[PDB]
Amino acid sequence: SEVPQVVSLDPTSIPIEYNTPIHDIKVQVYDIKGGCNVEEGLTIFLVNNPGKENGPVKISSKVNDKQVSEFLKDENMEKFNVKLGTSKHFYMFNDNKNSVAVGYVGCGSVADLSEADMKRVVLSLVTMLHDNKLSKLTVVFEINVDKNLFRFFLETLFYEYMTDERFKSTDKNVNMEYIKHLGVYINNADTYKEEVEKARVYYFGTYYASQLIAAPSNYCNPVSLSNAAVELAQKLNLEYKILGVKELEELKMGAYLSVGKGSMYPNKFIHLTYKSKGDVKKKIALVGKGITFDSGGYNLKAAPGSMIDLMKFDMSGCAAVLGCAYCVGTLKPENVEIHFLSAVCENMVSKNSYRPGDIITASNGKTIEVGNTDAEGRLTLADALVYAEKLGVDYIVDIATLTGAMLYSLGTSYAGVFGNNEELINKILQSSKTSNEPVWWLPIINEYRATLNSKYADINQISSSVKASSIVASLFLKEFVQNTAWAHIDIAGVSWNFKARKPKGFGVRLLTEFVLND
Amino acid sequence: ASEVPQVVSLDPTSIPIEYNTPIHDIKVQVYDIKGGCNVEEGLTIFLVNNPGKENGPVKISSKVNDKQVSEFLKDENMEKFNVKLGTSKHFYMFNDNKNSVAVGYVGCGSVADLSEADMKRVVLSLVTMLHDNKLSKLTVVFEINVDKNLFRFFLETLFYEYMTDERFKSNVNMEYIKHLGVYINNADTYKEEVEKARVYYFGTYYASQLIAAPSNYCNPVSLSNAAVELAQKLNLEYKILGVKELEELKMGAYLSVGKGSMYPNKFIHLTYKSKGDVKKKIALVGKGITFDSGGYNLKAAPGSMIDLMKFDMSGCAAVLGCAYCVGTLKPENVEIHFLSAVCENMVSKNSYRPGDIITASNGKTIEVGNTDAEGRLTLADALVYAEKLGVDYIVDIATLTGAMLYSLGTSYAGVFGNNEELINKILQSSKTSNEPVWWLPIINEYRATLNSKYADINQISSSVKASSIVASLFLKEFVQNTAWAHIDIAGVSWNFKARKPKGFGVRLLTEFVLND
Amino acid sequence: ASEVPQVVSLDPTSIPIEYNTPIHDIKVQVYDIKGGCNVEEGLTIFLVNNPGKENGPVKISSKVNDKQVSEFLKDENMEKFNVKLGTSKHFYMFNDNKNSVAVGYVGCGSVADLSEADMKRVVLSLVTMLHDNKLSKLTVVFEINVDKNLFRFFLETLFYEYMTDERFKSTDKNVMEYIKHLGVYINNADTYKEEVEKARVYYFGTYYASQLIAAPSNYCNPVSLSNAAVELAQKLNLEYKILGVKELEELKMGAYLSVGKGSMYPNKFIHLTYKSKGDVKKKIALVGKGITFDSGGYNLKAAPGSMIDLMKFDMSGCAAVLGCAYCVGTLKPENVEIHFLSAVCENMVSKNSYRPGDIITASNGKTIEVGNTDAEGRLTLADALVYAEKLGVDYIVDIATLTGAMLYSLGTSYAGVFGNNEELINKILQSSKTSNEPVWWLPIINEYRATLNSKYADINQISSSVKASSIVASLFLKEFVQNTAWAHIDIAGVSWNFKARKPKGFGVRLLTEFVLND
Ligand SMILES: CC(C)C[C@H](NC(=O)[C@@H](O)[C@H](N)Cc1ccccc1)C(=O)O
Ligand SMILES: CC(C)C[C@H](NC(=O)[C@@H](O)[C@H](N)Cc1ccccc1)C(=O)O
Ligand SMILES: CC(C)C[C@H](NC(=O)[C@@H](O)[C@H](N)Cc1ccccc1)C(=O)O
Ligand SMILES: [Mg+2]
Ligand SMILES: [Mg+2]
Ligand SMILES: [Mg+2]
Ligand SMILES: [Zn+2]
Ligand SMILES: [Zn+2]
Ligand SMILES: [Zn+2]
């Protein structure tokens, strides 16, 4: 419970914003066949031109205003093109003689937008919202989108529009004002209406994970992160328990505890549970790596390219799992019981730290020879997986910023999924599709298992000879699931948006769609 | 033949090649295990497992036709030994006729389905005995369960691992066997795999010979000479394009790479055509860099492995190895073009430079960001050449990106492509050849990193570290409207532990051509 | 016996040590070859060579007391096999009593005197025949010439390589049975019999050192390692004193204390004494470097190739000295008093650690400017050498994993010896010859002395200019011995068997032969 401090100025909680400005936006959806009213604020058309690379803009909607309809005639629009992510603003007086702003974002010439294309559209729309004090946005869909992509549009709009100012003090943006109303016109509106508040929920799970990830290691440490998790559980009425060191010692969690030895913050293992009222048909454990700062330990992140300054993000797994708890707790699916687990700790340099070469004993009795203190995530996950399997679940899914090698294999757009069960992997791939968080299935190559044979311990933490480190880490984790369907999502390459200098909150919507689909 | 230039008169002017190998003299017989075993002669090895009982005892069930060997094989003696994968024992003894025989076993663990990796460990253990034996016959008794493809793989791997390459040396511990007996259940169905294995073995071994051949022996001229000689022996159509023809074709990307080399570029084009109607045309394109120094981007960083870079023509060797198999097995209804833009990547006053803008044969200008990304430059022009042939499929195979070691490692190659059906055919070939491959994505979001400020395209990304995916995006720019796949064998081509090539890809490509 | 401090309750509080090993249960019988060999149960291996003829044929020359086995081993049958060094074959047949027997040979090549390295190769071949074969007995027939020392070395090596250290195995023990009996046939057997128990003692001292070296730094820390030394003294009836920090401060051991400042484990200085019951004619101090983990300190081992993961091995000098104590205490030489010393500590990174640049005062009052916290071994040895000279001994010999440069100079096979006294160096070289643990004499080059001149302190810990780091270390140590014959053995290159992934226990037999032959 109490966060230790070195000096009185050290923070004792993570600041967390629950009621965000996005939550105050009144959203209305209307059917496009009634025509568009253009009365105030900004009205943006989403337009493409199938076939025609950089083709002309042609506004097809009925617009219920003579002045605006006149402005938007093909002749007047012909100067402009649909190049993806392109946009323009128009200014005019409507029939009520009130000035309005109108514009468009180009959605290109391929009639089915990828998740990345749609994100490009949303970013252009967001630049129209920034540096312009507007009370209302209206979006007219003149493109084709399924229900999941419409929801993705809104989630992405909400998340990209929201600006995280929790750590601003003298430099808050004096000009940021958020719209209070969002109008949407789309064909077959009634079927899209359900997606609006689901988007709002998914936006918040994602933005909540993001807040946790962006919070630096002096704010977000094992104690404050587990305290935040308790507060979340209380707000959603989830069952919760936080296991402290004495309980962890009783459970013989020697791999997890060795990692956190050198830290000033005691280890805290988070265990939240959602249980549907009614028959429980699937039981699922979701396990998130929760290293609140990864210095590397005695194998210090000192090599060029090791990104030590980014390592507050090494609890992104735990944050995805807590974001997922927010969504599941809010949407209340039937027929399931979900355990949201994270072994939280910090990997530090101290007289008290574990050392390279140390032999430690995991909670399932396996001895492990530590070959590199910087492979700490798999040690904490090892004990968390053992704990998960004891719960008697149908599926165990872990999510973790586990290996830097992901940047060289899949890069920054797709997460890797590994697993011991093809049906579970397919469920995750399915969830990747409907969440629009991209994942690619990678193999657990058993030929490399022999490189984890230790001369002294039961197993080596790291390979001597294999450089395929994401596969080797999956081989190691596999040793801590005995007989349960298990998949492991490595988000090391996708978690942080290096270009925008912010978290993605990657995996919240993926894991939630996984729970919901099941 | 073109003459190979020499700096001194001691410089070699051809690659030595062994066509006739001791493996070719092995008479192979397959017998049904249901009849019991004849152990009267030579070295007999039982392949044995113990399901469930991990590292459990050896127990041999087969009846054998010798009372002395029966005694040796009794449960009480055999239980002194265990089945741990690759563990072996063998003993010399006298049979009923007082003739020297030897008898032993290789442990096959306690899992009934052996993977190709597992089967490799079994074979290595068998080969260790063979490299220290001298008896005229080996008999292998399968008391384990393998499918037809895995049985073929066993044979191929046995032949390949048993054969030792002594071309560059100037045992009194062994002699090559003249006979191989195999006892296995349903022997009749397995018999047809034998000569197929012997063909796949030599395709693989031939590729290996070319890869292991050092870069003073195997240069663009001697390698293309070797391909002409292979084509002649197989009756394939062949054409070697030299520098003047290559300039006429405007192959600026490929020619730029070889500018620094004393050896003129040579583009190998062999063709197999079926005697009956052609229903399918395929181009197989192999990366053919006979030595990759890196160029001005010299391989000087720790772990860059410049000492290994004679292996950078592994894709070319795999294609030529495939041409041996195809030219030998003679598939019907197919026309296959075997292609390689061969050159050497060197440091010279004459070399291309980082920064150069060069023009590929399809008109695209390319800004060179790194002279050690030379493979994709030579493949760009080879791909444009392939597409102009009007084929149904283009498959390229190349030691293209060091990043493979960090994504899939040393066991599985990666495949990328623009066509799902073709990728699935490659995956299926991978399953039947037992040369493992994994599908990796061409991620279009990374394509913008290849937008050059000056040229039509960048050779490399400044930002994206997913270099195998970026390389594939680059190559995809050189295939306009044909099903195409790219196999990156950088991680998988060289066997680091054994200090020798794998010949990776021969069987994969041959299976592709034969079964599709 | 001090309490081992723990960070968590799962931290181990002692080093596990096996004293009664399966090798100790083996009954050894030596027979003279003139009586013929009896060939019965187990496995009977002939060691055969063929002088002149590289890879020449096997010919078995011993009389075998069995007609069937004699027929089997006749020249005609054996000539199809060759003597290539390390090569081996197994034979199966029925003896004259109709009982199946296993026989075989190991090739010993064509050179009539085997080097220590060649013999190791023969033994490794023999061990592979023992492994994965449930045998009650092994019989070895020598048809090669070995002197008494080489015979003993054969047995020591056999025992050492055969013994498998499973102390840290839990779930992965080798489901491994040992022979109960070892028969040896050799010419002039009566003359070799005395080597058998000597070999068995030397095996254990070596294996004991090996157990200490392989024990990871969480098990083997300065408190637990000094407790193990106490236990060993109690078992052997050696005197002992363990000096703790209060006594070390009183003795002004500032160099040694500074190295340990960063550790959570208090320094412990080990002092064991063996004294012969008769008139003492020689007094000897053996000093071993005792760093239980070397992180480098603030000069962290982060450089590629710094092998931080192997640094549990930095107490290998101390282990060799304690292995020597075992042998000496067991064999009980006369007319000698031996002091076994080690300044044990751990070199860590902490708010409390010593710093690059710190100036510290050794117990002989010399001030030392610290140039690199990773040159910590010579600082601990400085103080241990001052203590040792105060004892009033005739010879001081230290042994230490002191400099990585040994790998570039002598490599992994030979240790280097440096000293201030040629008579003593020659004694060490003679011990090397009779122990078969190779050492080469290296110079202390006075010309480099000047590069240890400190602008501020009395001396520099390290050279800024000279890259010959092993010689520089020796020069520095020389300054802490005023008037006594001293030698220094640098075992950094030789201690760890990199290929086999285990210690050699190097130095035990060398130091024991030194003591015995004096
Ligand atoms: C020691 C290695 C085998 C494993 C090591 N893994 C780690 O450091 C993880 O604990 C890192 N948190 C993973 C990471 C590294 C760089 C960027 C993003 C994420 C890695 O270097 O990838
Ligand atoms: C600059 C990069 C995008 C590409 C570069 N590619 C190359 O060097 C190729 O020409 C190499 N032939 C690929 C290679 C590297 C290391 C081991 C085996 C194979 C590489 O370093 O992987
Ligand atoms: C700073 C240098 C002059 C001295 C430094 N010495 C050390 O690090 C010792 O404390 C090390 N124990 C030496 C070592 C390194 C690698 C393998 C075996 C032994 C060394 O690098 O050898
Ligand atoms: Mg790490
Ligand atoms: Mg290159
Ligand atoms: Mg050091
Ligand atoms: Zn981490
Ligand atoms: Zn290359
Ligand atoms: Zn040291």
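By convention here, the chains are lettered A, B, ... following the listed order of sequence lines. Here the PDB entry sets the residue numbers for chain A, with the shown residues being 86-603 in order. Numbering of chain B is taken from the PDB entry, so the residues present carry the numbers 85-254, 258-603, in order. So for chain C, numbering is the PDB entry's, and the shown residues are 85-259, 261-603, in order. Atoms within a ligand are numbered from 1 in the order they appear, just like the ligands themselves. Note: hydrogens, waters and symmetry copies are ignored here, and every other heavy atom, side chains too, is used. Partial entry shown, contacts counted within. Header says: X-ray crystallography, 2.0 Å.
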Please tell me which drug sits at ligand 1.
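Answer: Bestatin.
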Bound partner of Bestatin (ligand 1), most contacts, as in the PDB entry:
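The chain with more contacts than any other is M17 leucyl aminopeptidase.
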Bestatin (ligand 1): other chains, heavy-atom cut-off 4.0 Å
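Within the heavy-atom cut-off of 4.0 Å: A.
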May I ask you to check whether A/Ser391 has an N/O atom sitting below 3.5 Å from an N/O atom of Bestatin (ligand 1)?
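No, there is no polar N/O contact under 3.5 Å.
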Tell me: protein heavy atom nearest atom 9 (C) of Bestatin (ligand 1), and distance?
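Result for atom 9 (C) of Bestatin (ligand 1): A/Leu487 O, 3.0 Å.
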Minimum-distance protein heavy atom relative to atom 7 (C) of Bestatin (ligand 1):
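Of the protein heavy atoms, A/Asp459 O, 3.3 Å lies nearest.
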Heavy-atom nearest neighbour in the protein, as seen from atom 18 (C) of Bestatin (ligand 1), with distance rounded to 0.1 Å
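Looking only at protein heavy atoms, the one closest to atom 18 (C) of Bestatin (ligand 1) is A/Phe398 CZ, 3.3 Å.
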Heavy atoms only: which UniProt active-site residue of chain A is nearest to Bestatin (ligand 1), and how far, rounded to 1 Å?
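The UniProt active-site residue closest in heavy-atom terms is A/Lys386, 3 Å.
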How far is atom 4 (C) of Bestatin (ligand 1) from the closest protein heavy atom, and which atom is that?
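Protein heavy atom at minimum distance: A/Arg463 NH2, 3.7 Å.
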Of the backbone atoms (N, CA, C, O) and the side-chain heavy atoms from C-beta on, which set of A/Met392 has a member under 4.0 Å from an atom of Bestatin (ligand 1): side chain, backbone, both, or neither?
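The answer is the side chain of A/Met392.
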Which Bestatin (ligand 1) atoms, with their elements, are less than 4.0 angstrom from a heavy-atom of A/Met396?
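Bestatin (ligand 1) atoms under the 4.0 Å threshold to A/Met396: 16 (C), 17 (C).
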A/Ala577: numbered Bestatin (ligand 1) atoms lying under 4.0 Å from its heavy atoms
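Matching atoms, with element in brackets: 18 (C), 19 (C).
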For atom 8 (O) of Bestatin (ligand 1), what's the nearest protein heavy-atom neighbour? Residue, atom name and distance, please.
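Its nearest protein heavy-atom neighbour is A/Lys386 NZ, 3.0 Å.
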For atom 22 (O) of Bestatin (ligand 1), grab the closest protein heavy atom and report residue, atom and distance to one decimal in Å.
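Of every protein heavy atom, A/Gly489 N, 2.9 Å lies nearest to atom 22 (O) of Bestatin (ligand 1).
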From the PDB file, what's the organism behind chain A?
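The deposit names Plasmodium falciparum.
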So, looking at chain A, which of its UniProt Zn(2+)-binding residues come within 4.0 Å of Bestatin (ligand 1), heavy atoms only?
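In chain A, UniProt ones with a heavy atom near Bestatin (ligand 1): A/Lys374, A/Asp379, A/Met396, A/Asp399, A/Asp459, A/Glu461.
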In the protein, what heavy atom is nearest to atom 12 (N) of Bestatin (ligand 1), and what distance, to one decimal place, separates them?
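Ranked first by proximity to atom 12 (N) of Bestatin (ligand 1) is A/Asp399 OD1, 2.9 Å.
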Which UniProt-annotated peptide-binding residues in chain A have heavy atoms closer to Bestatin (ligand 1) than 4.0 Å?
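Of the UniProt peptide binders, heavy-atom contact within 4.0 Å holds for A/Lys374, A/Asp379, A/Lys386, A/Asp399, A/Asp459.
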Less than 4.0 Å from Bestatin (ligand 1): which other ligands or ions?
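Nearby: ligand 4 (magnesium ion), ligand 7 (zinc ion).
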Non-hydrogen atoms of A/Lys374 versus Bestatin (ligand 1): any pair closer than 4.0 Å?
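True for this residue.
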Report all residues and nucleotides of other chains within 4.0 Å of Bestatin (ligand 1) (non-hydrogen atoms).
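Counting heavy atoms, it is made of A/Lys374, A/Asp379, A/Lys386, A/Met392, A/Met396, A/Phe398, A/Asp399, A/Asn457, A/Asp459, A/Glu461, A/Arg463, A/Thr486, A/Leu487, A/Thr488, A/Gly489, A/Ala577.
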